[PDB]
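Structure (with methamphetamine).
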Amino acid sequence: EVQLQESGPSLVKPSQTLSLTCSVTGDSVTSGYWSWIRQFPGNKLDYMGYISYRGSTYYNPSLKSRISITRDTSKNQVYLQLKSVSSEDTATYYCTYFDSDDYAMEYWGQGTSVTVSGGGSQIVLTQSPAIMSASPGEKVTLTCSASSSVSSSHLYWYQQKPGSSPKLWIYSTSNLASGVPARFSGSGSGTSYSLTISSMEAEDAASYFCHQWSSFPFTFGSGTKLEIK
Ligand SMILES: CN[C@@H](C)Cc1ccccc1
């Protein structure tokens, strides 16, 4: 019901400015946040910042002073500007929409790839093993250990398959999002969380990322790639 689409140059020279546009289409909204999230090669996700429905912004401390997120509401667009890029800014950039009156839904654009030729603190989310293979029919358990405590309402899981964006999979530790087979489950508390498939199917092979938005900047685990034997 909200579609999102990112565009801008696929290549940028060091020290230049990167400018992307997120085109919002679909139903009108009365609240929420448009966030820019990027994914590095090797798949680490990085929360950049948001602009709210009231035009309030939050920027990852790591980017502050380089980043700005703006809106052209007449054009239903949201913009990202990041100045003084380096090869460290090479990634696929996604814009996303979320409304905290509803924890169960989050919308992601298709994502656009960009290649380049503060002071703060963050919760680190650890997912081990990085890669795992299971046979069809096995009960599978993936874990997420947070370096500091996280509210269980704000611990979330995402599935992603090659060539496509992360999809909201579990929200608030244990609730399956729309689209998710009920063979999935999640539990945990404090700094220790797990996702479970009662019975592994071929379609479950994918990367899974955990995510907390209990503390600012929100962070993602580096994922477990789940393969089929
Ligand atoms: C659950 N994923 C979070 C990034 C959604 C979000 C965005 C902005 C503000 C609050 C919450």
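Just so you know, residue 1 is the first one in the sequence shown, and it goes up from there. When a ligand or atom number is given, it counts from 1 through the structure's own listing order. All heavy atoms count here, side chains included; hydrogens, waters and symmetry mates do not.
Bound to methamphetamine with the most contacts here is the chain that the PDB entry lists as Anti-METH scFv. Not a single heavy atom of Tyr103 sits closer than 4.0 Å to an atom of methamphetamine.
Residue nearest to atom 11 (C) of methamphetamine, selected from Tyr58, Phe98, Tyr97: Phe98 (by heavy-atom distance). Per the entry, the organism of origin for chain A is Mus musculus. Under a 4.0 angstrom heavy-atom cut-off, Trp34 registers as lying outside contact with methamphetamine. Residue contact annotation: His154 has no non-hydrogen atom under 4.0 Å from methamphetamine.
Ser35 counts as a contact of methamphetamine, since one of its heavy atoms falls under 4.0 Å from the ligand. Heavy atoms within 4.0 Å of methamphetamine belong to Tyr33, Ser35, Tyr47, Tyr50, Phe98, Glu106, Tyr156, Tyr158, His211, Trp213, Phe218.
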